[PDB]
**Q** 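For reference, the structure I am asking about is given below.
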Number of protein chains: 2
Amino acid sequence: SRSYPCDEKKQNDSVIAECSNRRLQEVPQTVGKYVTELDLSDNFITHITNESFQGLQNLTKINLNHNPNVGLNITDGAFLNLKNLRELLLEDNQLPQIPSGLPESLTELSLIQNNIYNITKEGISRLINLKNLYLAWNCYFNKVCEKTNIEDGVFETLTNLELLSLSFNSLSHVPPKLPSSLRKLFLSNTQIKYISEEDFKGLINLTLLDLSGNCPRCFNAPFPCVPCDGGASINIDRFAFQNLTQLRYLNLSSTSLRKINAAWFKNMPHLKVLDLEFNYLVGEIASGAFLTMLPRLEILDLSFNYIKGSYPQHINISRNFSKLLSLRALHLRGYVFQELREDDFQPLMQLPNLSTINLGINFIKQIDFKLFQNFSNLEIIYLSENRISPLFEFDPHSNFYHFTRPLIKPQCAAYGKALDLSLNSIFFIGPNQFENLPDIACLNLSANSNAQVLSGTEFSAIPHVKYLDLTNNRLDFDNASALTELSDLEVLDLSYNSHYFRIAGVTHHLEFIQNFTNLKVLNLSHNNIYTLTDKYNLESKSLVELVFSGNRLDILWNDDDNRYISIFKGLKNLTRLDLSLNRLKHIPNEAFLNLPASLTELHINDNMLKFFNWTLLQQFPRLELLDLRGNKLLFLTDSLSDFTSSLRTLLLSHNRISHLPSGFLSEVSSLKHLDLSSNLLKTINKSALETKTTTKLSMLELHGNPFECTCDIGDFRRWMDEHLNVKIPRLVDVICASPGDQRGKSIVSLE
Amino acid sequence: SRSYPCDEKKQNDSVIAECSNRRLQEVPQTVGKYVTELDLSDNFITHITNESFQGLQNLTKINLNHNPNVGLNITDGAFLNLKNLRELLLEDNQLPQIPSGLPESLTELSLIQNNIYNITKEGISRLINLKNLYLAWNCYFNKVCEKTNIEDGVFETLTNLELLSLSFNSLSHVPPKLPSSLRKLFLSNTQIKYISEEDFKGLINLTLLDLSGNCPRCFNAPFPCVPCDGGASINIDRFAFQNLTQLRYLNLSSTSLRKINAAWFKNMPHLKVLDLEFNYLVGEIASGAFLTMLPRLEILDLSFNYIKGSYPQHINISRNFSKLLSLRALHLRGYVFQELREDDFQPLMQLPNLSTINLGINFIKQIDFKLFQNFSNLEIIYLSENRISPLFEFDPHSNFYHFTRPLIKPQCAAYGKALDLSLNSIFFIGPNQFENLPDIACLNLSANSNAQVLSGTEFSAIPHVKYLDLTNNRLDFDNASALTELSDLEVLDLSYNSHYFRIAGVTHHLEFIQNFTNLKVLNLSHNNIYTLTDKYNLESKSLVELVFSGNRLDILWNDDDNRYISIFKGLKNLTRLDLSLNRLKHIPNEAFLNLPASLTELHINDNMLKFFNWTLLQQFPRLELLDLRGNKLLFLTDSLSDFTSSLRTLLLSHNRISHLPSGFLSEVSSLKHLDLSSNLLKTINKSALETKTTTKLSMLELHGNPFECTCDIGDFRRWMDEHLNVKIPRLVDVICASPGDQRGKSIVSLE
Ligand SMILES: *[C@@H]1O[C@H](CO)[C@@H](O[C@@H]2O[C@H](CO)[C@@H](O[C@@H]3O[C@H](CO[C@H]4O[C@H](CO)[C@@H](O)[C@H](O)[C@@H]4O)[C@@H](O)[C@H](O[C@H]4O[C@H](CO)[C@@H](O)[C@H](O)[C@@H]4O)[C@@H]3O)[C@H](O)[C@H]2NC(C)=O)[C@H](O)[C@H]1NC(C)=O
Ligand SMILES: *[C@@H]1O[C@H](CO)[C@@H](O[C@@H]2O[C@H](CO)[C@@H](O[C@@H]3O[C@H](CO[C@H]4O[C@H](CO)[C@@H](O)[C@H](O)[C@@H]4O)[C@@H](O)[C@H](O[C@H]4O[C@H](CO)[C@@H](O)[C@H](O)[C@@H]4O)[C@@H]3O)[C@H](O)[C@H]2NC(C)=O)[C@H](O)[C@H]1NC(C)=O
Ligand SMILES: *[C@@H]1O[C@H](CO)[C@@H](O[C@@H]2O[C@H](CO)[C@@H](O[C@@H]3O[C@H](CO[C@H]4O[C@H](CO)[C@@H](O)[C@H](O)[C@@H]4O)[C@@H](O)[C@H](O[C@H]4O[C@H](CO)[C@@H](O)[C@H](O)[C@@H]4O)[C@@H]3O)[C@H](O)[C@H]2NC(C)=O)[C@H](O)[C@H]1NC(C)=O
Ligand SMILES: *[C@@H]1O[C@H](CO)[C@@H](O[C@@H]2O[C@H](CO)[C@@H](O[C@@H]3O[C@H](CO[C@H]4O[C@H](CO)[C@@H](O)[C@H](O)[C@@H]4O)[C@@H](O)[C@H](O[C@H]4O[C@H](CO)[C@@H](O)[C@H](O)[C@@H]4O)[C@@H]3O)[C@H](O)[C@H]2NC(C)=O)[C@H](O)[C@H]1NC(C)=O
Ligand SMILES: *[C@@H]1O[C@H](CO)[C@@H](O[C@@H]2O[C@H](CO)[C@@H](O[C@@H]3O[C@H](CO)[C@@H](O)[C@H](O)[C@@H]3O)[C@H](O)[C@H]2NC(C)=O)[C@H](O)[C@H]1NC(C)=O
Ligand SMILES: *[C@@H]1O[C@H](CO)[C@@H](O[C@@H]2O[C@H](CO)[C@@H](O[C@@H]3O[C@H](CO)[C@@H](O)[C@H](O)[C@@H]3O)[C@H](O)[C@H]2NC(C)=O)[C@H](O)[C@H]1NC(C)=O
Ligand SMILES: CCOCc1nc2c(N)nc3ccccc3c2n1CC(C)(C)O
Ligand SMILES: CCOCc1nc2c(N)nc3ccccc3c2n1CC(C)(C)O
Ligand SMILES: *[C@@H]1O[C@H](CO)[C@@H](O)[C@H](O)[C@H]1NC(C)=O
Ligand SMILES: *[C@@H]1O[C@H](CO)[C@@H](O)[C@H](O)[C@H]1NC(C)=O
Ligand SMILES: *[C@@H]1O[C@H](CO)[C@@H](O)[C@H](O)[C@H]1NC(C)=O
Ligand SMILES: *[C@@H]1O[C@H](CO)[C@@H](O)[C@H](O)[C@H]1NC(C)=O
Ligand SMILES: *[C@@H]1O[C@H](CO)[C@@H](O)[C@H](O)[C@H]1NC(C)=O
Ligand SMILES: *[C@@H]1O[C@H](CO)[C@@H](O)[C@H](O)[C@H]1NC(C)=O
Ligand SMILES: *[C@@H]1O[C@H](CO)[C@@H](O)[C@H](O)[C@H]1NC(C)=O
Ligand SMILES: *[C@@H]1O[C@H](CO)[C@@H](O)[C@H](O)[C@H]1NC(C)=O
């Protein structure tokens, strides 16, 4: 009753099977007949008939995507026997045609990233229960392909269809006779140079229209890009939008617009979000009649509208921006101006809800920072990637014109008002740098090439910063009072400040750490710390988490040196310590005993450790997680039960362990998750995993071990059959290296 | 007659065996009896008896360093049977004593890095042929160890001894009764507070004396450091040096000297190198009477004399520096001053021979650069690691107080006068930055945080730069005219300028490359180049070498994009191309065929390639070296000789190849060096390696293949004996992965 090759899961009272990435050459017939969802994606399967899915009654969803990995053949009516089938995902299979004989039970069908140039009534019209249909990315860029032929009224007969995506195919015309049920319609990069009055008429319900990339703006495009003749603007009929009163989302990005007709929006009182990126809008941003027509708009994206070859002193914002009442986020990137003056943003200052200004990639040399104060609600000021100084490669499921991730890390933003100045030129913070700013809880100074010695006065004008990102500078920590003006500081990120730490001759002072009452998280990673001046110890009463990865503890804890022996002992509250990537061959016993006893989580992974003294765990009563992955360890104690009562998770993967000690797990009742994968194990003995008392072990990962498949391994199989409460993942990757005839086979199949 | 386990090399008409790092548990009995030198270092050997070396007549040299790797037991008289044994290297063996009954034939004995606390007549005084004796690093730092007992008169009887190294042991006094034949005496870090008149009295042959680290300067020490009481200076009697008239080299580093007694040098006409580092000499550097005593001095190291807690405006250089008329290099690092004024260096400007001035690590904010022109001979101006703005962990065989590597890369300095500005704050190069400089052939701007768009005017004042290091900046290459003012430019390093390259939205211009008539070497590595503006090709008629590693050719050569297909074709002179670390899964055939036909050397290593089209090698008539290492490749052609006339070296290591096709070594007469190491080969059939016609192959690397050890290998073993002209290195590392009873065995030992 151990599921193979697939893994069985429990989700919303329905059990699902994950067969993905298992190197399968066909549809496994061992799939449990009770499964409602089946993921076959990323395998070698070359064929599908009506015999593949047999016996599966309740199956509602099948993922066949990315098959074969590195010419999928589907028969006519291969899916026909499946009555309960809802969602079918065929993406990236090199299908020359829409498969015929698809069931009429389909509510969702994704053919994305295939060779299909023909949308036919024969394959489509019969399925009337379709909600979502994904045809995108069949013909695009420099791919060898044909123009998409859409047979007349192929879509007319799906009267339930709420979503249609034809994006990234050669179309040249909006398809006629679209069902009035359409909610979202994606026409992006379809080569449609003209939008008529007739095109969208029947759609009274449209929530979203994507016309983007038709007559694109092609200068400096990171994809093969073909403009309309002379680089003309897309032609939109004055009345093209008259009948869309429900539109929430309009994507006009990269349509080469020099002009917005305000009457496009006349009939769109509720428009939420308008994507205007990659057009020529500098003229419209300055005048902009259409901005009077957008009272409910929450998100405006004007990014990359810059005039080629122009570096203007200031950005010209129309007073009519003040008419955008509901505006939440304003995105202006790639406008390209020299200087931000307080009076240039005047139209934005009265807007009640505007929480976000995105000025990224403007090459801005200077900003009058007092201007953000005069706004009302700003929670996010994103200045990243400017010149501010002191004083298939494309994911088909992603937005094509910008990244969709948060501008600021959620963990920083959740503290309060956020100012992101990262990837700029502020190499020295003077006395007046932060004056007349709002009360900033979240500050990103990352990547400023800052070489200064922070003296304790630099942040006085913004004392309430909780989260400070100083990463990727060259900071010189020469002052014990550094940063201590921020008394409320919770998270401090010092990563990638290695510049001065690497020099033995200059002085290094980390003592300021102890001066914070509320400091919770400190990241010291990749600083190359091997030496400190006069004070060898880190000390904090508050600190919870310390990331020390990417430093040299191999030097600090060198056998001939007593000085750093207590380096972490003074962090009295510490529950999480990351020692990874320290080049550690061995940790001196006394050094390990000096780690804080409060630790619940300890990462020693990705070092060179040949040696671990397990006895020392006796001094860490709270330790739930020990991560030893990526070391050289050849040996396991047999005594672990007397070393720890607390250890829940033990990660040993990618080590040299050749053997599992008799009664390895005897009496260790704490241990839930043991990862033995990617080791030297030849086999596992009877007495190895046997215990008389209770055990909560729920997961054991053996994959990547060179098991000897002779009868010696029989007992382990018998252990596996006896305990099914212990989950063993990727059974297909648990593989017999010997005997010669068993090579490549899974250890779960044997005489 | 294939040598095992050692590899036997021919050196200066003699024969040496390299046995190092072979995991040998004891001394091999198979060593050729004609070998003059034997390196057993870094093995597991735990025992040396008089039966270990039997049969070896002419052995002059034995290296036992680092055994066992992670207590070497040497029996009394073990080495006695070796009459011709001269050099014995016993380093890092944890020897508790000097091994008794060593041969009287020893000229050189190295006991460095052991546990020996007693130097006795029994172990030493009988070796009267000793020239070099190394006892260093036995007791030092926080190591648990004993003060060194040196038995009275122990060295007295060694009348040929020219080199004695006692450094890093606790001595407390110079040993009495040293032989007058001494040339070089190393007493560093021996805890000697006082040097009397008697200590060196009779050594009239001494050319080198090292007293460094005695009464050390401990502030900011990156090792456990114990100062003399009160941090006081070493006490050197006025007459301590009076008889050493031959002294060339004196190391006084870190002796805590406040004052230098000029009479120390009264009798030292030959003194060439003086090391004064890590003392408190700022006063002496200003006054400097002792300088008059050193007109023959070539090298003076004053580095790290800074006064604690002091950041003076100017360096104060005594007029008496003008007296050093033989000075070649002056090292003043870590003096710590703000500004370098032309007058400050006056005393140096008439020194005829001074070619090197080292100003590293002073935190200098500004220099008046015109001063360097008043000098006479300056070839090396080292300004690295300053504040300049726009206008066991210790190697026992290395210098303890500074790196000995060249200040400037020799490839760069060879061109002429060098200015090294690396690791400063020059973030913008203005019109006057480089005015009044000498004719600078070699310029290092690395790690200056420079974000500018170089327009072609920045270097005009130093138009003759041959070698330009721009690495580790954030350069915005926005101008086709960049650098073109340097018309004689030969080597250009742009590595780690990825900042703006990684942003798709900004413009990227590499066209400037073509404007150089003499450009030879170009490093573009780790720039993350995935997109360029309007001009997709790199073109030069001059270029010989191009390093493209760490870029994205996976993106540039993506299937759906034809734009970069010719990217390297326009480099018509190119013989060397590095395509490593481009994340390549495969290379489009036409993209490959557009690689310059002139290539003699091509590196595709460390990509993701599963496919290589060998046929395409036809278009590369000059290709000697193909580097495929670190890929996923499963497949070799059996037709290879059809595709290449020229291929000398083929590196296949770390790939997926499990099989060698029949009749390969047939007809390929060009291939001397083939590396198949770290592949999946189970065996090699007869059929693989046969050829009728000649085969020039001189090396074949098999290590790391899971070899099958049945009689099916006997075919290959047969081949190996029948060709001794093909050397297979690391034979101990060519190891059978089956049968289970044959595991770990080298393939070279079997029935
Ligand atoms: C022009 O502008 C318009 C409007 O801004 C863009 O429309 C958006 O397009 C993107 C990308 O195609 C859509 O993003 C995707 O949304 C999918 C829909 O998810 C819905 O349902 C799920 C679950 O039922 C909900 O969680 C979710 O809230 C939605 O209600 C998601 O399924 C996608 O997620 C998957 O892919 C991403 C990326 O790989 C992964 O991160 C996820 O884990 C997951 O695997 C994705 O988020 C977006 O929905 C569209 N907006 C609207 C309103 O529908 C156009 O793309 C744009 N044109 C171009 C060419 O840029
Ligand atoms: C310097 O070091 C600091 C401190 O570690 C780093 O900052 C932390 O980075 C880690 C990731 O490395 C963050 O941990 C992750 O947080 C994500 C945020 O989740 C929030 O919201 C979700 C719901 O969406 C909640 O579940 C969650 O409680 C949070 O409220 C999580 O999504 C992540 O969980 C996933 O990944 C981890 C493994 O990475 C799994 O264990 C989880 O099961 C799950 O799969 C993860 O927990 C952490 O939040 C950061 N902390 C802070 C203070 O910001 C810096 O990144 C580092 N700096 C540099 C340069 O590296
Ligand atoms: C105080 O100052 C004095 C004077 O500067 C220093 O004396 C020097 O000390 C260093 C390190 O001990 C010596 O450097 C080593 O010299 C060895 C001897 O080489 C001689 O013979 C070989 C051929 O047999 C020639 O190649 C060479 O030119 C010499 O004639 C070298 O063998 C060493 O190189 C080996 O080790 C290094 C480091 O591991 C490797 O990089 C090399 O590849 C090689 O494996 C090494 O170069 C130096 O010779 C001394 N100078 C003199 C004139 O004797 C003191 O070190 C200093 N005190 C302290 C504590 O720093
Ligand atoms: C950007 O890219 C450039 C161009 O590749 C890099 O600069 C080159 O880097 C390599 C080092 O990787 C240099 O090649 C090496 O040259 C050494 C110089 O030796 C000189 O002098 C000796 C005599 O003392 C002569 O034998 C020789 O002809 C030279 O004149 C050699 O010692 C090296 O040989 C050793 O290593 C190589 C493998 O690396 C082996 O093939 C050899 O057998 C031997 O073991 C090596 O050949 C090259 O000279 C540099 N060129 C220039 C123009 O400087 C940059 O480093 C790179 N930038 C960055 C930041 O990475
Ligand atoms: C301060 O600003 C810097 C620079 O803008 C921010 O660094 C950026 O952080 C983002 C989000 O974490 C990174 O994006 C992510 O990269 C990872 C790893 O490849 C990927 O898994 C995610 O999906 C996402 O793409 C981005 O790489 C990084 N940029 C650089 C150049 O460092 C930083 O996050 C900011 N700090 C705060 C507190 O927000
Ligand atoms: C310009 O200045 C920079 C910075 O000072 C120089 O970079 C430095 O180059 C040296 C010499 O190659 C590097 O040291 C070497 O490191 C290797 C690898 O670890 C080691 O095997 C060698 O023994 C040697 O010590 C050093 O890492 C590097 N420093 C930094 C911070 O990047 C550069 O060489 C200069 N360019 C020229 C033309 O001189
Ligand atoms: C040779 C190095 O001597 C120690 C040192 N370390 C630093 C440092 N990390 N930063 C500095 C910044 C400005 C001025 C001096 C220093 C400095 N200094 C110089 C001094 C102020 C005398 O300590
Ligand atoms: C969103 C930016 O689009 C193109 C661009 N690329 C760069 C660049 N690599 N560098 C710049 C430096 C100074 C001023 C402008 C630019 C610039 N610019 C701006 C502009 C001058 C309009 O091209
Ligand atoms: C401002 O936002 C709130 C919700 O956050 C909403 O109730 C209100 O309608 C918004 N005001 C405007 C002018 O849209
Ligand atoms: C830190 O810097 C401030 C300002 O330079 C200074 O007043 C204070 O003395 C410094 N503290 C130290 C050196 O620990
Ligand atoms: C210890 O850590 C916890 C968790 O963050 C925190 O609530 C508590 O205040 C800390 N103790 C001290 C002394 O700051
Ligand atoms: C492990 O540490 C203990 C101290 O609890 C010590 O007695 C023992 O020697 C250590 N074991 C090894 C193998 O070093
Ligand atoms: C030193 O310089 C003078 C000329 O300034 C030159 O004649 C002499 O040859 C040089 N000496 C050495 C040893 O290079
Ligand atoms: C490069 O810069 C120079 C100097 O500013 C300018 O004259 C020239 O037009 C620029 N060339 C370009 C933009 O390619
Ligand atoms: C081609 O390379 C060789 C070797 O560097 C060089 O001599 C020659 O000048 C180069 N050709 C041109 C056109 O510069
Ligand atoms: C190898 O390249 C040649 C072009 O000369 C092409 O005909 C052949 O199909 C290629 N082989 C493969 C497997 O792509």
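Each sequence line gets a chain letter, starting at A and going down the list. We number chain A the way the PDB entry does; in order, the residues shown are 31-100, 113-433, 459-818. The numbering of chain B matches the PDB entry: 31-100, 113-433, 459-818, in order. For ligands, and for the atoms within them, numbers begin at 1 and follow the listed sequence.
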**Q** Which of bifonazole, resiquimod, cyclothiazide, tegaserod has been placed at ligand 8 in this model?
**A** resiquimod
**Q** Counting heavy-atom pairs under 4.5 Å, which macromolecule has the most such pairs with resiquimod (ligand 8), as named in the PDB entry?
**A** Toll-like receptor 8
**Q** Around resiquimod (ligand 8), which other chains have a heavy atom under 4.0 Å away?
**A** A, B
**Q** Kindly identify the option in A/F261, A/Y377, B/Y567, A/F405 whose heavy atom sits closest to atom 18 (N) of resiquimod (ligand 8).
**A** A/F405
**Q** State the atoms of resiquimod (ligand 8), each with its element, that fall below the 4.0 Å cut-off from a heavy-atom position in B/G572.
**A** 1 (C), 2 (C), 3 (O)
**Q** Quick one: which resiquimod (ligand 8) atoms are inside 4.0 Å of a heavy atom on A/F346?
**A** 1 (C)
**Q** For atom 22 (C) of resiquimod (ligand 8), what's the nearest protein heavy atom and its distance?
**A** A/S352 O, 3.4 Å
**Q** Heavy-atom distance to atom 8 (C) of resiquimod (ligand 8): which of A/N404, B/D545, A/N262 wins?
**A** B/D545
**Q** Would B/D543 count as a polar contact of resiquimod (ligand 8), with the cut-off being nitrogen or oxygen pairs under 3.5 Å?
**A** yes
**Q** Measure the distances from the heavy atoms of A/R429 to every atom of resiquimod (ligand 8) and state whether one is below 4.0 angstrom.
**A** yes
**Q** Numbering the atoms of resiquimod (ligand 8) from 1, which are under 4.0 Å from a heavy atom of A/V378?
**A** 1 (C), 2 (C), 19 (C), 22 (C)
**Q** Which residue and non-hydrogen atom of the protein lie closest to atom 5 (C) of resiquimod (ligand 8), and at what distance in Å?
**A** B/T574 OG1, 3.7 Å
**Q** Pull out every atom of resiquimod (ligand 8) sitting under 4.0 Å from any heavy atom of A/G376, numbered as shown with elements.
**A** 1 (C)
**Q** Under a 3.5 Å threshold, I'd like every N/O contact between resiquimod (ligand 8) and protein atoms, with atom names and distance.
**A**
from                  : atom 1 : to     : atom 2 : distance (Å)
resiquimod (ligand 8) : 3 (O)  : B/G572 : O      : 3.4
resiquimod (ligand 8) : 6 (N)  : B/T574 : N      : 2.9
resiquimod (ligand 8) : 6 (N)  : B/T574 : OG1    : 2.9
resiquimod (ligand 8) : 9 (N)  : B/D543 : OD1    : 2.8
resiquimod (ligand 8) : 9 (N)  : B/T574 : O      : 3.1
resiquimod (ligand 8) : 10 (N) : B/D543 : OD1    : 3.4
resiquimod (ligand 8) : 10 (N) : B/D543 : OD2    : 2.7
resiquimod (ligand 8) : 10 (N) : B/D545 : OD2    : 3.3

